[PDB]
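This entry carries raltitrexed.
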Amino acid sequence: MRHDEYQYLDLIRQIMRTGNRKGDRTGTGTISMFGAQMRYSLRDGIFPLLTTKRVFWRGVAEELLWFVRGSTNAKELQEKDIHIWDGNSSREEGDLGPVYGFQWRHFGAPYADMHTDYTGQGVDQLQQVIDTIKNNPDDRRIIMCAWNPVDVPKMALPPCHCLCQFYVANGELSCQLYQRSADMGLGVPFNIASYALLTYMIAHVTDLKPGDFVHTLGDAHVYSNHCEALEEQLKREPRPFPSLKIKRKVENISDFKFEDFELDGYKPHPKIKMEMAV
Amino acid sequence: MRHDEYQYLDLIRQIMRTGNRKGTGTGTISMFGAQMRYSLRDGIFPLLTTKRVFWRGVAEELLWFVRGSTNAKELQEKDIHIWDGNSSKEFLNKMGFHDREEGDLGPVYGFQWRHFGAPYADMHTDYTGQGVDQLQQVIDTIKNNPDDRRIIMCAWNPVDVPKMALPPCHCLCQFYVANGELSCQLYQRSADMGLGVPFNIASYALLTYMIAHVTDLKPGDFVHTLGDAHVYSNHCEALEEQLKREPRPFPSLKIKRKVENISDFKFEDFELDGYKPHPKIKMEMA
Ligand SMILES: Cc1nc(=O)c2cc(CN(C)c3ccc(C(=O)N[C@@H](CCC(=O)O)C(=O)O)s3)ccc2[nH]1
Ligand SMILES: Cc1nc(=O)c2cc(CN(C)c3ccc(C(=O)N[C@@H](CCC(=O)O)C(=O)O)s3)ccc2[nH]1
Ligand SMILES: O=c1ccn([C@H]2C[C@H](O)[C@@H](COP(=O)(O)O)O2)c(=O)[nH]1
Ligand SMILES: O=c1ccn([C@H]2C[C@H](O)[C@@H](COP(=O)(O)O)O2)c(=O)[nH]1
């Protein structure tokens with residue numbers, strides 16, 4: 001019965017107390033461990049939006065709807081006051097290259113720019129996953145992969161979220177994410193919520209109930225200048241997770257809109273300032 | 001410090017007790033999401049001891065991957081038959097590969113590791129200079145930028161899976177350097193706990209030993225992450241017998257000479273000392 005958020009807190013504590021101090025691409029220096037795994041229940045409307053520091057729910061949901069549209073145009077997020085892709089995007093202003101939206105919907109197609117019509121090009125992995133869940137739920141290849149060795153050099157930033165896999169049992173849809181690089185302080189809470197939300201959406205349109213989100217980490221790290229803030233965060237007790245309901249019968253994965261999500265009872269501790277490494 | 005092999009034994013035990021019973025025609029008992037960690041340090045090599053594992057098959061299959069080969073006949077010539085089932089002309093014709101010759105597994109590991117993105121023709125084609133040589137890329141990044149968080153080799157290729165005799169169970173692996181030590185994490189989407197997993201552990205441990213050697217590092221950990229981790233129902237009696245066996249200290253592995261490039265290893269370069277396993281247990285492949 002231990003709150004699932006303690007998996008996240010325990011890993012931060014372990015990284016700071018036992019991790020490897022190294023340099024890194026950004027020049028900030030990090031403290032890191034290699035290889036971790038967390039499991040978050042998604043059952044009975046439970047939505048694992050972390051509570052010991054406020055997470056950017058609106059950014060999570062808008063970014064994911066943008067992925068689902070297949071968009072690689074950061075201007076569509078900026079227009080919605082979502083600036084999480086700003087650092088890496090000024091090729092035309094806003095064109096992120098063949099990032100998630102494109103890999104999920106067009107893996108293997110040649111990329112031109114964010115305005116190109118890629119209909120019928122590449123593998124639409126997202127629809128492939130939905131079809132397999134509906135038609136052959138015991139399949140062990142229900143995978144969506146964003147790590148494309150051909151395209152990584154054209155991407156504004158190599159994907160941290162290399163691939164995810166789905167699994168069906170007990171009337172439940174589960175999802176596992178392989179995240180190669182995990183900034184425990186800033187990105188990880190958002191990343192948990194992203195793939196928990198994707199699982200809620202796919203479960204909804206496949207007539208399944210959400211089960212578990214399994215979060216596997218490669219290089220799991222704390223930036224050296226985050227330790228003071230995270231030591232303060234570790235003093236905070238998690239609060240019960242919010243609940244998530246989808247307010248209408250959405251027929252297909254592409255039909256979701258932001259207002260379809262009813263997030264109830266989110267009561268996080270206040271935000272903590274933490275500068276993002278560049 | 002408990003023997004690392006107990007992670008495998010404990011997971012088999014857990015799956016058989018609480019795993020999900022689901023539906024080939026053989027039943028599976030499965031869990032989703034698991035992770036084991038095997039130390040590779042101080043010459044220790046995690047070749048499981050509660051059932052004799054096919055070490056020579058592990059090493060020859062891995063050398064075959066590294067050559068970029070997708071031709072199962074090259075394994076057969078060395079009396080390694082682990083891919084025979086998936087490459088008979090009859091199997092391939094059954095899968096719809098009517099123009100494919102016996103032995104041709106399609107664009108599987110050797111090809112994805114050395115030529116990701118190239119068009120696949122057949123197993124005899126000269127692919128030199130085509131596609132992404134991910135294996136050499138990893139070696140170069142380890143040498144030149146060891147703190148890089150993108151040291152990845154990916155065999156999961158959505159474009160090519162329809163041409164493969166079997167989609168890769170070993171989707172991708174990632175490397176990590178700290179304190180002079182090279183670690184490796186494998187994401188395995190599908191794990192036959194009884195038959196494939198022991199062999200798969202030894203494969204990626206050996207790969208880590210080889211890459212560490214040619215990058216002048218020491219092996220650290222092998223982290224084995226599983227997606228659908230399952231026990232086939234007709235393995236349960238055999239695995240119940242294995243669970244009563246106590247692990248013995250793992251063997252040691254040394255590389256007998258200085259090998260400069262990953263492509264230069266031969267089986268005789270490996271010295272596996274002290275492997276004293278319990279006997280094989282028959283488990284029929286689904
Ligand atoms: C070093 C680094 N760490 C990261 O975690 C990271 C994450 C993203 C993308 N991403 C997945 C993000 C999620 C949340 C973000 C953010 O800036 N949130 C702040 C402020 C909230 C807001 O932007 O309004 C926060 O909530 O802490 S950015 C891009 C570059 C990165 N760079
Ligand atoms: C259902 C299935 N499970 C697997 O684990 C599997 C593994 C491979 C390839 N592979 C990675 C293998 C490793 C070991 C193997 C095997 O057949 N083992 C023998 C014992 C070793 C020997 O051949 O001497 C066995 O127990 O039958 S096969 C191919 C198809 C598969 N199919
Ligand atoms: O969704 C995201 C995007 C990025 N990062 C973090 C991980 C690293 O700290 C940095 C990306 O840098 P590289 O791993 O690519 O160097 O941002 C995340 O945690 N989650
Ligand atoms: O090296 C390998 C190759 C295959 N498998 C097992 C996993 C599954 O039981 C089966 C592959 O079947 P699918 O998951 O593709 O259905 O073989 C392994 O465990 N290891």
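First the proteins, then the strands, lettered A, B, ... as listed; each starts at 1. What's counted below: heavy atoms across the whole structure, side chains too, no hydrogens, waters or symmetry copies. Indexing begins at 1, ligand by ligand and atom by atom, following the structure's order.
- Including duplicates, the parts belonging to raltitrexed are ligands 1 and 2.
- Short version: main partner of raltitrexed (ligand 2), named per the PDB entry, is Thymidylate synthase.
- The other chains with any non-hydrogen atom less than 4.0 Å from raltitrexed (ligand 2) are B.
- The shell of residues around raltitrexed (ligand 2) (heavy atoms under 4.0 Å) is B/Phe54, B/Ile82, B/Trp83, B/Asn86, B/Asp192, B/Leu195, B/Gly196, B/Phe199, B/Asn200, B/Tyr232, B/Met285, B/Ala286.
- Looking at B/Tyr232 next to raltitrexed (ligand 2), no N or O pair under 3.5 Å apart turns up.
- Within the 4.0 angstrom cut-off, atom 9 (C) of raltitrexed (ligand 2) has one or more protein heavy-atom neighbours.
- Protein heavy atom nearest atom 15 (C) of raltitrexed (ligand 2), with residue, atom name and distance: B/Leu195 CD1, 3.6 Å.
- Of the protein's non-hydrogen atoms, B/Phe54 CB, 3.9 Å is the one closest to atom 21 (C) of raltitrexed (ligand 2).
- Protein heavy atom closest to atom 29 (C) of raltitrexed (ligand 2), with residue, atom name and distance, is B/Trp83 CZ3, 3.8 Å.
- When only non-hydrogen protein atoms are considered, atom 3 (N) of raltitrexed (ligand 2) lies nearest to B/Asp192 OD2, 2.8 Å.
- Lab note: per PDB, source of chain B = Penaeus vannamei.
- Taking atom 27 (O) of raltitrexed (ligand 2) as the reference point, the nearest protein heavy-atom neighbour is B/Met283 O, 4.1 Å.
- Considering both main-chain and side-chain atoms, B/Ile82 never comes within under 3.5 Å of raltitrexed (ligand 2) through any nitrogen or oxygen pair.
- Among protein heavy atoms, the minimum distance from atom 7 (C) of raltitrexed (ligand 2) is reached at B/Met285 CE, 4.1 Å.
- Close approach to B/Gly196 involves these atoms of raltitrexed (ligand 2), each under 4.0 Å from a residue heavy atom: 5 (O).
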